Amino acid sequence: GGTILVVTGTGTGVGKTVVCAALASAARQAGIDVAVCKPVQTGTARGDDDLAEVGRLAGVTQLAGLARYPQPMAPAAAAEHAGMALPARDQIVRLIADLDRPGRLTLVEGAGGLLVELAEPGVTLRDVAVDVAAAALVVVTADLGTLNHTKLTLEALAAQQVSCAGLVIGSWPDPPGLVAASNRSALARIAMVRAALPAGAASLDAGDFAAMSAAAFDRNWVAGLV
Amino acid sequence: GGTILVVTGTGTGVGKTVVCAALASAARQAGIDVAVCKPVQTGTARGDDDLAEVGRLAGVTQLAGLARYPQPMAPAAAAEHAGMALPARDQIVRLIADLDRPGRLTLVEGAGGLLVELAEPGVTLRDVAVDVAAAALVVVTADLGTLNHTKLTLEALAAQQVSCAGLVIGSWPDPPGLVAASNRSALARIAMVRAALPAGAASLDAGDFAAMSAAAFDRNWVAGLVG
Ligand SMILES: Nc1ccn([C@@H]2O[C@H](CO)[C@@H](O)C2(F)F)c(=O)n1
Ligand SMILES: Nc1ccn([C@@H]2O[C@H](CO)[C@@H](O)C2(F)F)c(=O)n1
């Protein structure tokens with residue numbers, strides 16, 4: 001097969017979708033074939049559609065999902081309020097495994113964080129990563145609390161030997177500010193910061209977004225992913 | 001010794017300090033000798049002082065600090081910004097051991113999450129809790145993101161065999177919305193929810209705060225904290 005990365009956020013409203021779009025855009029510009037998988041979408045009631053955002057921002061067409069829930073909640077809580085169960089473990093693992101192919105970067109975007117239930121019974125994004133032998137790309141803030149959340153996530157990854165492919169600051173403020181400036185340095189000490197995406201990037205059109213994305217990541221790391 | 005609890009938060013501004021004051025007040029009202037300890041205080045140049053707020057809200061006078069840093073950052077960055085060192089491990093540990101004594105509840109409030117560096121080198125609040133055989137009370141929100149943050153915290157606690165004393169929802173809205181109610185239900189399935197403190201508790205006066213605190217916790221749990 002090719003390369004499967006899970007993309008997981010240390011919190012909500014952290015830029016995980018725009019990070020998926022930006023890495024997909026950068027990988028496409030390096031001539032890599034890209035698929036993005038959002039097995040469970042939540043928050044549809046307020047208009048959430050992460051696959052469509054990835055489509056609009058990065059031009060990916062291989063966009064696969066299994067379930068969509070109205071409530072802005074973690075999947076198990078959204079499925080419980082909907083009265084309809086989450087997808088099965090086999091459904092999620094097989095979709096990703098069938099998406100995966102040589103020459104392709106497949107991004108699996110989580111919902112609700114690394115350790116919450118994503119598929120029944122009690123299977124998490126971490127479990128999925130083990131099952132498909134994906135490394136995990138961790139999307140973080142530069143704001144107070146990030147260091148704890150990041151160290152915690154990295155421990156959780158190590159605890160099941162899921163490789164960490166690095167950090168992405170999903171939104172970098174302008175001007176940085178005192179805390180954000182210190183955290184960017186501190187985060188670089190515990191893991192590789194692959195990019196810091198400028199605040200406001202989700203509002204860009206496709207050409208500007210691809211411009212931002214090509215410059216946001218190390219070109220050699222992107223090309224080395226596959 | 002007595003009972004030592006480290007009080008830690010799943011994130012920033014989840015209500016760690018109000019929970020410390022609320023538990024201190026309920027315990028005092030059950031006749032328990034209470035001390036509150038904040039070994040690392042950051043943000044003092046902005047007026048942050050969690051010990052002072054605890055005394056204000058709950059009337060506790062047995063308050064113990066140690067390190068104070070001006071900038072409102074994580075302890076390691078706040079120390080560096082001021083050209084200062086973090087405390088040593090035994091400086092935090094001795095501070096707690098000196099407070100600890102039979103019949104006493106000693107609450108140790110963290111600074112910026114369970115795994116943030118508290119003492120040099122690389123000593124965290126989890127390491128301190130191991131050294132003093134304290135359990136951890138985990139302060140959380142009812143907002144989206146809490147379930148992951150809480151499960152990460154519990155897993156890190158269990159990785160070093162630090163007992164979880166339960167959860168406290170530091171700010172609970174009135175009325176609770178759908179998301180808040182669903183999250184509290186899910187939180188109670190992963191651990192004991194000891195309390196959910198009403199929003200705006202910091203603006204209560206001494207008498208209202210004490211009454212909130214006595215109603216917020218299970219009487220039998222608070223009384224059983226110290227033998
Ligand atoms: N670099 C970034 C990161 C995030 N965002 C936007 O912030 C909201 C919260 O994640 C996202 O929903 C958002 F995507 F709209 C952004 O505009 N640019
Ligand atoms: N139950 C609660 C919880 C929190 N607060 C106030 O919110 C800020 C961050 O929790 C605290 O600083 C605050 F204390 F001001 C509150 O008033 N009542």
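Within every chain, numbering begins at 1; the chains are lettered A, B, ... in the order of the sequence lines, protein sequences first and strands thereafter. First listed ligand is number 1; within each ligand, the first listed atom is number 1. Method of determination (from the header): X-ray crystallography, 2.0 Å. Side-chain atoms are counted along with the backbone in the values below, which use heavy atoms only and exclude waters and symmetry mates.
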Student: Write down the drug found at ligand 2.
Tutor: gemcitabine
Student: What is gemcitabine (ligand 2) bound to in this structure, taking the chain with the most contacts and naming it as in the PDB entry?
Tutor: ATP-dependent dethiobiotin synthetase BioD
Student: Which other chains get a heavy atom nearer than 4.0 Å to gemcitabine (ligand 2)?
Tutor: B
Student: Enumerate the ATP-binding residues UniProt records for chain B that place a heavy atom under 4.0 Å from gemcitabine (ligand 2).
Tutor: none
Student: How far is atom 4 (C) of gemcitabine (ligand 2) from the closest protein heavy atom, and which atom is that?
Tutor: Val18(B) CG1, 4.1 Å
Student: Would you say atom 8 (C) of gemcitabine (ligand 2) makes contact with the protein, given that contact here means a non-hydrogen protein atom less than 4.0 Å away?
Tutor: no
Student: What residue and heavy atom of the protein are closest to atom 5 (N) of gemcitabine (ligand 2), and at what distance?
Tutor: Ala202(B) CB, 4.5 Å
Student: Any nitrogen or oxygen of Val14(B), main chain or side chain, under 3.5 Å from a nitrogen or oxygen of gemcitabine (ligand 2)?
Tutor: no
Student: Where does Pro198(B) meet gemcitabine (ligand 2), judged by heavy-atom distances below 4.0 Å: at the side chain, the backbone, both, or neither?
Tutor: backbone
Student: Can you check atom 11 (C) of gemcitabine (ligand 2): any protein non-hydrogen atom closer than 4.0 Å?
Tutor: no
Student: Is the shortest N/O to N/O distance between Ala199(B) and gemcitabine (ligand 2) below 3.5 Å?
Tutor: no
Student: With a 4.0 Å cut-off on heavy atoms, is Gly200(B) touching gemcitabine (ligand 2)?
Tutor: yes
Student: Using heavy atoms only, determine which UniProt active-site residue in chain B is nearest to gemcitabine (ligand 2) and give the distance to 1 Å.
Tutor: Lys38(B), 11 Å
Student: What are the neighbouring residues of gemcitabine (ligand 2) within 4.0 Å, counting only heavy atoms?
Tutor: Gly13(B), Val14(B), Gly15(B), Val18(B), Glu53(B), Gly170(B), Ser171(B), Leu197(B), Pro198(B), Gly200(B), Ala201(B), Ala202(B)
